[PDB]
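Figure: structure with efavirenz.
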Amino acid sequence: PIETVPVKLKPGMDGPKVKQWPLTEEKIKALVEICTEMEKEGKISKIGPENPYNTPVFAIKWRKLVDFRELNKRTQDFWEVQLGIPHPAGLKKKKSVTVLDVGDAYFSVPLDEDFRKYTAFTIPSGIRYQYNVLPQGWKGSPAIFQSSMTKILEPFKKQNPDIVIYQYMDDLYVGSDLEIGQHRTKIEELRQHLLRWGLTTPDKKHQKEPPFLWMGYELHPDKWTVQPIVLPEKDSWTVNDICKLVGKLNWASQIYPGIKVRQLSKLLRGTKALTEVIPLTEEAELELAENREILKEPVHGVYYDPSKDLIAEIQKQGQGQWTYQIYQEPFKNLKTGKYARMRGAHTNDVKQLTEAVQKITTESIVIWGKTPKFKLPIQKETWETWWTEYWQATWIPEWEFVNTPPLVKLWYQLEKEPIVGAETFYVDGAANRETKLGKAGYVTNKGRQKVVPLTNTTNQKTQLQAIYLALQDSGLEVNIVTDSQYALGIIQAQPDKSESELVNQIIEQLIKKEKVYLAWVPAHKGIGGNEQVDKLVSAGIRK
Amino acid sequence: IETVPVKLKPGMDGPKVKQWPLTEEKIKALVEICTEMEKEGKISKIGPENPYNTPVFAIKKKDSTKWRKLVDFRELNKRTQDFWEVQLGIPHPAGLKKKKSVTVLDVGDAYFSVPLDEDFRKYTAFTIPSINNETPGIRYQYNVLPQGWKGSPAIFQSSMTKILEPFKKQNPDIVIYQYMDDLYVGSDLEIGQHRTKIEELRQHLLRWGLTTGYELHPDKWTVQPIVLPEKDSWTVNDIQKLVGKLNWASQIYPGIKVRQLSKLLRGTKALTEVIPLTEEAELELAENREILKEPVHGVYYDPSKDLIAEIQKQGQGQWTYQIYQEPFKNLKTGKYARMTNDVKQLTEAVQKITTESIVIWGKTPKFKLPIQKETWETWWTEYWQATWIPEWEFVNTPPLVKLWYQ
RNA sequence: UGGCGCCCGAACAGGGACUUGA
Ligand SMILES: O=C1Nc2ccc(Cl)cc2[C@@](C#CC2CC2)(C(F)(F)F)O1
Ligand SMILES: [Mg+2]
């Protein structure tokens with residue numbers, strides 16, 4: 001009595017006509033046995049002459065598996081309504097939970113009458129068969145079954161609002177706050193209700209009890225955790241092993257707090273072959289040892305409690321690594337994680353903290369549908385100065401200051417006006433486009449000019465080098481006039497770190513300076529001493 | 001009524017935009033109003049037959065507590081651009097931009113009385129998300145003309161004219177213009193009389209069952225020009241900043257010169273050194289001052305080209321925007337100092353800029369928002385209050401273009 | 001065999017800064 005979902009092929013296409021591969025004695029004998037059994041059950045019907053279509057049928061006891069590549073790319077596109085999966089942190093505590101594995105899930109939903117003929121079969125000695133139910137591996141089987149199952153459950157969920165039913169590929173999670181005796185009675189009602197539509201589910205004896213291993217999680221009625229993660233204790237590590245290691249402890253990061261993958265992830269840069277034994281760096285080894293210690297004890301998450309307000313405490317792990325603990329009660333956290341990603345080449349703690357907060361907010365809305373009350377390690381005044389003096393429309397929701405040793409702050413600030421009494425440094429650099437024998441230097445009002453040849457440097461690198469010379473050769477207060485927007489843009493962002501080592505050396509030199517003003521003048525306009533600098537840094541590079 | 005056959009743009013398929021995550025408060029609101037819409041017959045639940053989807057958001061219009069459904073038909077509008085511009089496009093009157101008051105009604109509730117073409121209802125499909133993806137999102141269609149879709153006013157304009165013709169006859173001085181779902185009613189009458197006429201128009205719409213910022217002052221809109229700093233004593237840094245600004249402004253105004261100003265910066269001098277402007281330099285600076293106040297010569301609106309709106313965060317709650325089609329050919333440069341929250345100010349600036357363009361050029365611009373893609377996409381729906389939604393892109397503002405105002 | 005997530009590399013398009021030549 002399940003209403004079929006109309007299906008049709010893409011415009012201009014017709015049902016696949018593929019040749020059947022001559023099966024072997026052990027395959028043909030098994031396949032006919034399967035086909036006869038399904039045919040007697042009504043899941044298959046014989047349409048030989050009126051269905052000039054074919055698909056590859058093979059056995060891989062023996063289990064039939066037909067490859068629907070030809071039909072998968074010719075059927076109309078479907079909308080996978082539920083593409084993602086529920087994070088266990090988003091779930092809610094249930095007194096009793098049961099899992100109903102829907103036996104013959106797809107094979108209980110009839111296929112569109114006008115589409116059955118396109119799913120034709122062919123078995124040699126042949127015999128032709130067509131699917132009267134949703135096939136396995138077909139593009140529309142998951143979406144159609146979910147739609148069909150949802151309509152089957154709506155008249156039961158409506159009658160039982162207390163019961164929470166979650167439907168996945170094959171299994172059906174039916175959670176309830178009812179007692180064990182009462183819950184089992186209600187599950188039987190669902191089992192009978194499903195049986196009315198032909199769907200079959202197992203009995204209590206053949207059912208499964210918690211924990212419920214689901215998509216890598218080990219779900220209990222009251223707590224959740226990732227499945228036991230064991231990291232290899234080998235000596236030599238290859239790119240394949242690092243990829244496994246990084247992925248394994250990325251799964252653990254969402255429950256285990258303080259998981260660092262920055263060093264190990266860096267070892268995957270520049271390596272292509274998976275057999276290349278990576279010489280695990282001391283920093284990578286240090287992180288791996290720390291991660292191993294974190295995984296020594298078992299850490300169990302907690303389920304969402306809508307009656308309470310989510311908190312999201314963020315901690316700074318250093319080197320662009322952040323960790324957050326989303327929780328409602330103290331020390332009992334629903335979910336953890338990390339934000340080690342760096343947006344752009346140049347960033348600072350405050351900008352990274354905002355990005356980490358945004359990432360938590362985005363994942364909190366999908367999981368819980370509400371942003372948490374952040375507890376950031378940044379002073380209110382410190383954040384106020386940043387976003388007020390920043391060119392982006394940055395904003396972070398209601399947050400509170402938490403005093404942790406690794407506080408977030410701006411290591412240096414650039415003056416908004418020229419410094420009186422500070423020697424001015426006009427800095428520029430020209431890089432050859434062929435021999436890459438660039439050059440950088442500075443000219444100051446006190447007749448203190450300097451130049452340093454550079455090699456394998458780019459136009460951009462030379463400009464940053466010219467800035468670095470001024471900071472090196474200046475005092476506590478320096479006025480730098482650079483006619484490059486690249487250097488100005490990078491430094492004005494007030495980064496605390498970056499991939500480039502040239503800019504990093506500048507940052508450690510900007511901090512030492514008690515006052516630094518970085519001006520900007522158009523190039524080639526004869527703007528005072530900037531014209532003189534170009535003469536020094538282009539004598540033997542540009543023309 | 002008979003449905004008007006709507007044909008999608010040839011060679012283009014219906015939208016398949018993924019639904020952005022919604023908060024539980026918005027999801028609960030959407031289900032409450034979408035179930036009522038289905039009960040009234042405006043929408044119908046659908047299965048997985050069609051792969052189309054347009055994100056649906058929930059907003060609260062200004063001075064309102066009830067929730068409002070905001071369906072993002074930006075991709076569908078593009079995929080059916082021919083239908084609602086050349087086949088049934090609505091001409092934009094050039095008069096409302098000069099009117100003292102321009103009230104913005106909400107006539108988007110009258111579209112639901114017009115059935116939608118059955119062959120087109122597939123593309124007007126949206127999914128209501130579920131928190132944590134617990135249950136599958138609820139998928140709906142539009143059995144009636146969707147509001148927020150640029151084709152609905154085009155189809156409904158035939159009925160709208162008949163509604164407004166008896167009103168317009170008795171009030172020839174009122175310029176009524178609807179863009180997507182609103183009705184920009186412009187009149188030169190005083191504020192007291194204009195509101196009475198709007199009430200008369202509102203009562204006019206109710207007799208046909210069409211239930212009904214909110215008011216604008218186009219005559220009070222003036223583009224903010226580029227202004228150079230003025231001071232008695234000029235330092236080397238001030239001249240350098242001035243020359244850099246004027247040099248960049250030369251791309252906009254060809255008459256801007258920095259020759260004599262640069263002649264002051266000959267040697268290597270301290271940034272704090274006071275430079276006494278020479279007679280020639282002072283005269284040339286004065287020449288730049290009068291050029292800037294004048295409008296950009298040779299800049300005209302091109303209907304074919306899409307408008308582009310660039311917004312800059314000047315700090316202290318001040319935002320500067322420029323609406324242009326070609327670079328350095330600003331059709332309109334302004335400032336949003338009304339403003340707390342950067343995203344709230346940016347959303348208000350976007351809505352204000354879009355409304356200004358609608359009553360001036362009859363088309364929303366493409367927005368270059370100075371904001372992160374994730375930050376905006378998450379918080380822009382908490383402050384949005386306009387039925388329409390413009391196209392935006394996210395850009396990294398150069399440090400030297402933020403100096404539109406010092 | 002398909003899907004999703006992470007990382008690496010390549011090709012694409014545009015949105016920018018800049019160098020050299022004509
Ligand atoms: O609301 C809840 N609470 C809950 C509590 C414990 C468990 Cl193990 C499962 C759930 C549940 C779910 C689910 C899908 C991930 C498997 C259930 F639907 F109830 F089964 O969602
Ligand atoms: Mg140069």
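Proteins get letters first, then strands, A, B, ... in listed order; numbering begins at 1 in each. Each ligand, and each atom within it, is numbered from 1 in the order the structure gives. The figures that follow rest on heavy atoms only: side chains count, while hydrogens, waters and symmetry mates do not.
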Place of efavirenz in the structure |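 Counting all copies, it's at ligand 1.
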Of all chains in the model, which has more heavy-atom pairs under 4.5 Å to efavirenz than the rest, named as the PDB entry has it?
->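 The chain with the most contacts is Reverse transcriptase/ribonuclease H.
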Find the other chains whose heavy atoms come closer than 4.0 Å to efavirenz.
->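 Other chains, by heavy atom: A.
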At a distance cut-off of 4.0 Å, which other ligands and ions come close to efavirenz?
->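 Within the cut-off sits nothing.
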What entity name does the entry assign to chain B?
->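 The PDB gives the name reverse transcriptase p51 subunit.
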Residues lining efavirenz, heavy atoms within 4.0 Å |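 Sure - by heavy atoms, that gives A:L91, A:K92, A:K94, A:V97, A:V164, A:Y166, A:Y173, A:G175, A:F212, A:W214, A:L219, A:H220, A:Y303.
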